[PDB]
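A structure with N-phosphonacetyl-L-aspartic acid.
Lettering follows sequence order; numbering is per chain, from 1. When the header is checked for method, it gives X-ray crystallography, 2.2 Å. Counting starts at 1 for both ligands and their atoms, in listed order. As a textbook-style caveat: the illustration shows part of the entry, and contacts are counted within that part alone.
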Amino acid sequence: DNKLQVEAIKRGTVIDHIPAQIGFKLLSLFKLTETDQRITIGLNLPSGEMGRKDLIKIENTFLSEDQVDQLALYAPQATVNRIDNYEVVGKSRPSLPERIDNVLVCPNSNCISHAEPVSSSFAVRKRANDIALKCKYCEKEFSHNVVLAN
Amino acid sequence: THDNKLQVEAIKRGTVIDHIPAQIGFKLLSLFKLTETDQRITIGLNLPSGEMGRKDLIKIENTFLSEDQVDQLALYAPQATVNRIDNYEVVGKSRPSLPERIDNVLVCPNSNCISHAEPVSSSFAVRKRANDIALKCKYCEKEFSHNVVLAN
Amino acid sequence: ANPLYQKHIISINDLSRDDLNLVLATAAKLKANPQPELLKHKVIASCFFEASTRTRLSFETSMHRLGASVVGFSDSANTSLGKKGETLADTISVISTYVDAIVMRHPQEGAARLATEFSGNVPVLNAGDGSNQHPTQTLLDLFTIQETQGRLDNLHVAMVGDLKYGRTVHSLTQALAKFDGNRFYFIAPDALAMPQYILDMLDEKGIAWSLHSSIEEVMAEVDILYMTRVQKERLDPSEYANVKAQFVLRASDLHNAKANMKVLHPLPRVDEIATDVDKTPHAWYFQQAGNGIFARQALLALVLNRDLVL
Amino acid sequence: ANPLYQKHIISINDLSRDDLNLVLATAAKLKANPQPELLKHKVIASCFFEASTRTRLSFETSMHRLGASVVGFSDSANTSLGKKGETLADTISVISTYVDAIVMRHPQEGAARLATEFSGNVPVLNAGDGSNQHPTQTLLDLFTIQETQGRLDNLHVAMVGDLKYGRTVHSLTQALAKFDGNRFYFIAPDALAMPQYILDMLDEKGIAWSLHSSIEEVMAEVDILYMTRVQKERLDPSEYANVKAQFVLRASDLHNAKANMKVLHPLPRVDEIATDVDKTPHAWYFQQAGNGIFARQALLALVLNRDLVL
Amino acid sequence: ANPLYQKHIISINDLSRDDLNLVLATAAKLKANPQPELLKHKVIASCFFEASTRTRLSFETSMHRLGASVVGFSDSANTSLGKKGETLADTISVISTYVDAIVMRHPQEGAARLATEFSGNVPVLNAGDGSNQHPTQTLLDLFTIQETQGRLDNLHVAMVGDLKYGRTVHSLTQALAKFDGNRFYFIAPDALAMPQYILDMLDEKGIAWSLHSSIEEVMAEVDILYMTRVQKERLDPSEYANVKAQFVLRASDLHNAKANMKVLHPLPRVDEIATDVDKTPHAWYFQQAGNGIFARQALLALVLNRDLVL
Ligand SMILES: Nc1ncnc2c1ncn2[C@@H]1O[C@H](COP(=O)(O)OP(=O)(O)OP(=O)(O)O)[C@@H](O)[C@H]1O
Ligand SMILES: Nc1ncnc2c1ncn2[C@@H]1O[C@H](COP(=O)(O)OP(=O)(O)OP(=O)(O)O)[C@@H](O)[C@H]1O
Ligand SMILES: Nc1ncnc2c1ncn2[C@@H]1O[C@H](COP(=O)(O)OP(=O)(O)OP(=O)(O)O)[C@@H](O)[C@H]1O
Ligand SMILES: Nc1ncnc2c1ncn2[C@@H]1O[C@H](COP(=O)(O)OP(=O)(O)OP(=O)(O)O)[C@@H](O)[C@H]1O
Ligand SMILES: O=C(O)C[C@H](NC(=O)CP(=O)(O)O)C(=O)O
Ligand SMILES: O=C(O)C[C@H](NC(=O)CP(=O)(O)O)C(=O)O
Ligand SMILES: O=C(O)C[C@H](NC(=O)CP(=O)(O)O)C(=O)O
Ligand SMILES: [Mg+2]
Ligand SMILES: [Mg+2]
Ligand SMILES: [Zn+2]
Ligand SMILES: [Zn+2]
C-alpha cells in the first residue's frame, strides 16, 4: 500500500480554524516559513465549524498573546493551540490588538516612515464594521483593506 | 485510536511534488499561484529526507502542473520529483525535463535590455551546463547564470 | 514639575484640555510680566526644513525675549543632510547632543514624531510636519480666539479653504473639540475636504458640524471665520484645479456679521482675503500673528522651566 | 530566391559564412557597375533613435543610388514615441504598414529583434542596438578587409580599445570566426575587455586569441589593426576612469608594421588615432567608411530583390 | 477639373458629402492599382511644428508612392522661425514660392487657415491645427469605416476618451453627420466632453446622440468603437485629474460585441487600449493606420491633378 502518515508534533503551535484563502496569506505576512523548523500546512480542509478551513502547524515555535492578537485582522475566528508533550496545553482566540508594527506599509507617500530607518506602526480601532489603522508617524488613518504589507 | 482525527487522507487523484530543496517549497506556492484553488492541499516544509537531509513537499488534489509550471520547476528545483497520482497510486514519476526556452517569468538582468520597457514577454534560451545552467536573452543576446537571473 | 516640563510637543491629539489651558495661562502671565532671563543658559535649535516667516521668526524672537540662545538653519540645503546624504534620524541624533530643545518644521508628515525617537531627553517642538500637525499655531489661535471672544466654548467656528492639507485646521479642530459645545462649518472644495479622521472624532464627541458651499450661508452665525491658503506645495497634480482660492473674503462680505466676529488666517494669504478686509474691525490675522510670541514664549517656558511661572 | 530575400538582418550570429560572402560578392559587383533602378518603387524607413553620421547617411545614400525613396527620422524627439508616450512596439506596428523595409538604430540592446515581432512581412535591418550588434558595420568591415588583404582566412587581426561596449567588434569577431585560421589579438583596458561570450565562441571553434597591453607588442605581425572609440555614452559611472583613449596610435608606432597592414576604425575617432596617421599608407578608415556604400547597397538589394543578375 | 483640384484642405466643415466620397472612391482605386508617376515633378513641403509619427510618415510615403519629392521639417527648432524670430506668416510666404503644396501640422488652432492667406496659389493641407481639425485623419477613418462596415449610413458609432481636445473626433463627427441616420454615443469625462458646437450641429441636423459613463453600456450595439488618447499636451493645468485613461478597453469587454464591430483609434494609444485587444478580430487601429496611405495619396492626387482617370 503506502507509508503515508503525518506525525503529531511534540512541541509547538497549531493555528486552527483559519478561514479559506487566508492560510497562505498568514504564512506570507508573518514570514512563518522562514525557519528550519518542521511546518505542516493543510489548505481547503473540511471543517465541522467552518465547512472549509486552513491549518498551520509549526514545530518548536510559540506565539505570545500579542503575536496571536496580530491574527485578528485576518483570521479573528481562529484558534491558536499551544502544544507540549503532544497535548493541547493552551487554546487562545485572537483579540483585536491595539497596534500593528513592522509588517504593514503606510499608504501615505509623504509619510516620513518610508524615507527613514524606522519600523511602521499603526493604532488599531473598530470603525463601523471596518478596521481603521492610524499611522503613528503621519497620523493619517486608513481602512486596513488598503494598507499593504512589506 | 483516539488519534484518527490527526491523519490526513491520501489523494485519489492529483500531484505530489517531492524532494523540493529547503526554502523553495514556499516560493513555488506563490510563483505557481498554487493555493489559489478550492482543492485540498497539504504542505510539508523542512521535512527529514534520506535522499537530501531536509526537503519540502507539496500535495494537491485533482490538480496537475501545467507544462509552463513543469518547465519552470526544472529550473527552480531541478532535483524535485513530480508524482502523478490516479486511484491512490503513483502512475507517473519523473524529474521535470529541462526545456530549451522559458518565457514570461524571468527578467533579464541587463538593465539596458529593450525587454524592460516594452510590452513583450521575456524569453531565454535554456542550455544545461556543468555547475549551473545558462539563460540567453532573446532580445539583448546576453547570456547569464540562472543564479543571476533567478535573483530576478 | 509642571505637566508640560520636558514634554515633546508633537500633536494636539496628544494634549488635553488642561494642557492647552496651561499654555494660555502662562502666556497671559509672561505678557503681563516678562521674565527676560527665564531661559538664560538654554541653547535651542531652530531647524526649518521647509519655508517659514511667522513660525520661525516668532519662535526665535520668543527664545531671545526669555534670554535663550539660538542655533539652527532655515533650510536644509547646507546641512550634511542636504549635501552628504545624511538621514534625519542621524541629524537629530547629533543635534540633540548640543541643545536644550529642538524646534523643527519639515515637509514630511511624521518628521517631528520620528525626531523624538532619536532626541533622547531633548524635547522636540513640532513647528509643522507636512500636512499633518501644527500645534503651536493652534496655541496662538486658541489664545487669539479667547482674546476676542472671551471664551473657547460654545463658539460658532467656520473654517474655509484647503482643509485636507491644512495642518493648522487639523490641529485647531482637534483642540476646539476638547472644549464644550463648539459648532463647526466647513467650507472647502470637495477635493480638499476635512479628513475623515477629524470628522469621526467630532462624531464620537457628539459635536455638530456641517459642510457649506459658501461663506454667506454662515456669516450671520459665525464668531470665528478661519480662512486658509490652498496648500499648493502639498497638492497632488490631480488636485491642481484647486490652486486658486475658491472663496474670497472681501469687506463687502462682512455686512451681516456679528460685531464680535473676527476673521483669522494662519497666513500667508494669497487672495482668499482681499486687502480691503484689512481695515475693517473684523480683521485680526495680524494681531493673531503677533500673539504667536506669547503662545511660543509660554510653551518654551513650560517645556524648559520646571516650575509654573507667575 | 536568394538566401537573404525578405530576411531580417539583426545579428551576425544568425548569418552563415555563405550569407556574408553573398553580400561581399554582391557589393563587389555593385561597386564595379551600378544598378540605379534596382529598388525603384521601394520606400524604406530610416529610423534612428540615437546619433549617427556614417551609418544613416551611407544607408540613405545607398537607397537613393538604387532608386528607392526614404522616409524616417534621425531623432525620436519629434515622433509620437518622443512626445505622446508611444511604445516602440506600436511605432513599428504602424511604420510597417507604410514601407518595404525598416532600417533602425536604437540605444537599447534587442530593439531590432523586438521590431521584427511587430513588422510582419517587413524586413528589419539593425543599424545598431545598444552595445549588442552592428551587422552592417561588419559587412563593410569584411568587404574592406577582403579588398585590402585578398582573403578572409588566416589573418592576424588586432582589436584595440573599448571591446566591451563595441557592438562593432562583437559582430566583426563573430563573422571573422566563421572563416578559417584567423588569429585575434585583443588590446583593451580590463574594465572594457572583450566579453566572455565572444571568447567562449572563439574557444569552442578552436580559434587562437590572446590579450596584450600594447600595440607595439603585435605591430610587426598584424594584417588588420582595428581601432575603436571608448563608448562613453554606454559606460557605467563606475567606469569613468576609462573615458580617455588608453591606446593612442601615432604614425611613429607603425615603423615595424607589415607593409600590407591596414588601420581600420568604424569611426568616429576621438584621440585613439592621431591625425598624423592619416597620411600614412596604413590609414584606411576613410576608405573603409566609403565602402559602407557598396555593402549597404548590396544588403538592401539582396533583401528586397528575389533574384539579382549581375 | 475635379472638385478638389487646387483646393485648400483645412476643415471638414468646408467639405461636402460628395467631396468626401470622391476621396474615398479615389483611395479605393489607388489601393487597387497604384499610380507611381502621378505626381512626378511635384515637390511638396511637409512642415511639422509638433510631434507626429503616423501623419508625417504616411503623408511622405504617399508622396513618394505617387512619384513626388518632399522637403520640409519635423521640428521648427532649426528653422528661422525657431531661431531668428520669424513669423509663421513669412515662413509660409517664402515656402510657397518653392513648392506645389504644403502639408502642415501646428500646435495652434487656426495655423493652417492662416497659412492659406499667405500661400497664394499653393494649396495647404492641414495635418492638424491644435485641438481644432484633423481632416486627413477623418478621410482615412471614413475609408476604414466604409471598408469594414460597407456603408457610411445608419451606423452606431461610439467615441471614447478625450473628446474635448480630440481634433480627430471633431472632424470625424462632422463628416459622419453629413451622412444619413448615423447614431452617436459619447463616452467621455465631464471635463473633457464633446464640445457644444459639435452637439449643436448634431441637433440642427436631427442626429441622435447620447452620453454614457461606460463602454459596456453600448458594447452590444456599436458598429464602430472609436477610442482616443487624452491630449495631455493640450490640457489646462486645472484638468490634470484627467491625465490617466478613464476608460480602458480590454479583450474581455468585447464578449457582447457585434461580430462586425471594429475598434478604431487614430493613435498613439497610452493605456486606453490594453495590448490583449490586439489579437482580437475587433482590433483594427493598425489596419486603420495603414489606410492613411491610400486616403492621403488620394487627397494629394485630387488636389494636384486636374483630372484623374482610374
Ligand atoms: N500533537 C499534535 N500534533 C499535531 N497536531 C495536533 C496535536 N494535538 C492537536 N493537534 C491539532 O490541533 C488542534 C487541537 O484541537 P483539539 O485537540 O482540541 O481538537 P478540537 O476539540 O476539534 O478543537 P476545537 O474545539 O478548537 O475545534 C486540532 O486541529 C488537532 O488536529
Ligand atoms: N498535519 C496535517 N496536515 C494536513 N491536514 C491535516 C493534518 N492534520 C489533520 N488534517 C486534516 O484536517 C481536517 C480537519 O481536521 P480537524 O481535527 O481540524 O477537524 P475537526 O476538529 O473535527 O473540525 P473543526 O475544524 O470544526 O474543529 C481533517 O480532514 C484532517 O485530515
Ligand atoms: N495517494 C497519495 N496521496 C498523497 N500522497 C501520496 C499518495 N501516494 C504517494 N504519495 C506521496 O508521494 C510520494 C510518492 O513517492 P513513492 O510512493 O514512490 O515513495 P518513494 O519510493 O519514497 O519515492 P522516491 O523514490 O521518489 O523517493 C511519497 O512522498 C508519498 O508520501
Ligand atoms: N503529507 C505529509 N505532510 C507532512 N509531512 C509528511 C507527509 N508525508 C510524509 N511526510 C514526512 O516526510 C518524511 C519523508 O517522507 P517520505 O517517506 O515520503 O520520504 P522518504 O522516501 O522517507 O525520503 P526521501 O524520499 O526524501 O529519501 C517523513 O518522515 C514524514 O515525516
Ligand atoms: O502655510 C500656511 O498656509 C499655514 C501655516 N502657516 C504658518 O505657519 C506661517 P509661516 O509659514 O510663515 O511660518 C503653515 O501650515 O505653515
Ligand atoms: O560609435 C562607434 O564608436 C562605433 C560605431 N560607429 C558608427 O556606426 C559610425 P556612426 O555612428 O557615424 O553611424 C557605432 O557603434 O555606432
Ligand atoms: O494625437 C492623437 O492622440 C490623435 C492624433 N494622432 C495622429 O495624428 C497620429 P500622429 O501624431 O503619430 O501623426 C492627433 O491629433 O495628432
Ligand atoms: Mg476541532
Ligand atoms: Mg522516497
Ligand atoms: Zn504614515
Ligand atoms: Zn535581455
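- The location of N-phosphonacetyl-L-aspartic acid, copies and all, is ligands 5, 6 and 7.
- Counting heavy-atom pairs under 4.5 Å, the chain with the most contacts to N-phosphonacetyl-L-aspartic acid (ligand 7) is listed in the PDB entry as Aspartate carbamoyltransferase.
- Other chains making heavy-atom contacts shorter than 4.0 Å with N-phosphonacetyl-L-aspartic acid (ligand 7): D, E.
- In this structure, residues within 4.0 Å of N-phosphonacetyl-L-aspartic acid (ligand 7) (heavy atoms) are D/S80, D/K84, E/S52, E/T53, E/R54, E/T55, E/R105, E/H134, E/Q137, E/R167, E/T168, E/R229, E/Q231, E/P266, E/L267, E/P268.
- For N-phosphonacetyl-L-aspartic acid (ligand 7), the atoms closer than 4.0 angstrom to any heavy atom of D/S80 are 10 (P), 11 (O), 12 (O).
- Residue E/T53 approaches N-phosphonacetyl-L-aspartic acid (ligand 7) through these ligand atoms, each under 4.0 Å from one of its heavy atoms: 10 (P), 12 (O), 13 (O).
- The distance criterion of under 3.5 Å between nitrogen or oxygen atoms is not met by E/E233 with respect to N-phosphonacetyl-L-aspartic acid (ligand 7).
- For N-phosphonacetyl-L-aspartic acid (ligand 7), the polar-atom distance check finds an N/O of E/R167 within less than 3.5 Å of one of the ligand's N/O atoms.
- The PDB entry identifies the source organism of chain E as Escherichia coli.
- Under a 4.0 Å criterion applied to the non-hydrogen atoms of E/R229, N-phosphonacetyl-L-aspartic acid (ligand 7) contributes the atoms 1 (O), 2 (C), 3 (O).
- Ligand-side atoms of N-phosphonacetyl-L-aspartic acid (ligand 7) in range of E/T168: 4 (C), 5 (C), 15 (O), range being under 4.0 angstrom from any heavy atom.
- Nearest protein heavy-atom contact of atom 4 (C) of N-phosphonacetyl-L-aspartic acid (ligand 7) is E/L267 O, 3.5 Å.
- Looking at E/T55 next to N-phosphonacetyl-L-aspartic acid (ligand 7), an N or O pair under 3.5 Å apart turns up.
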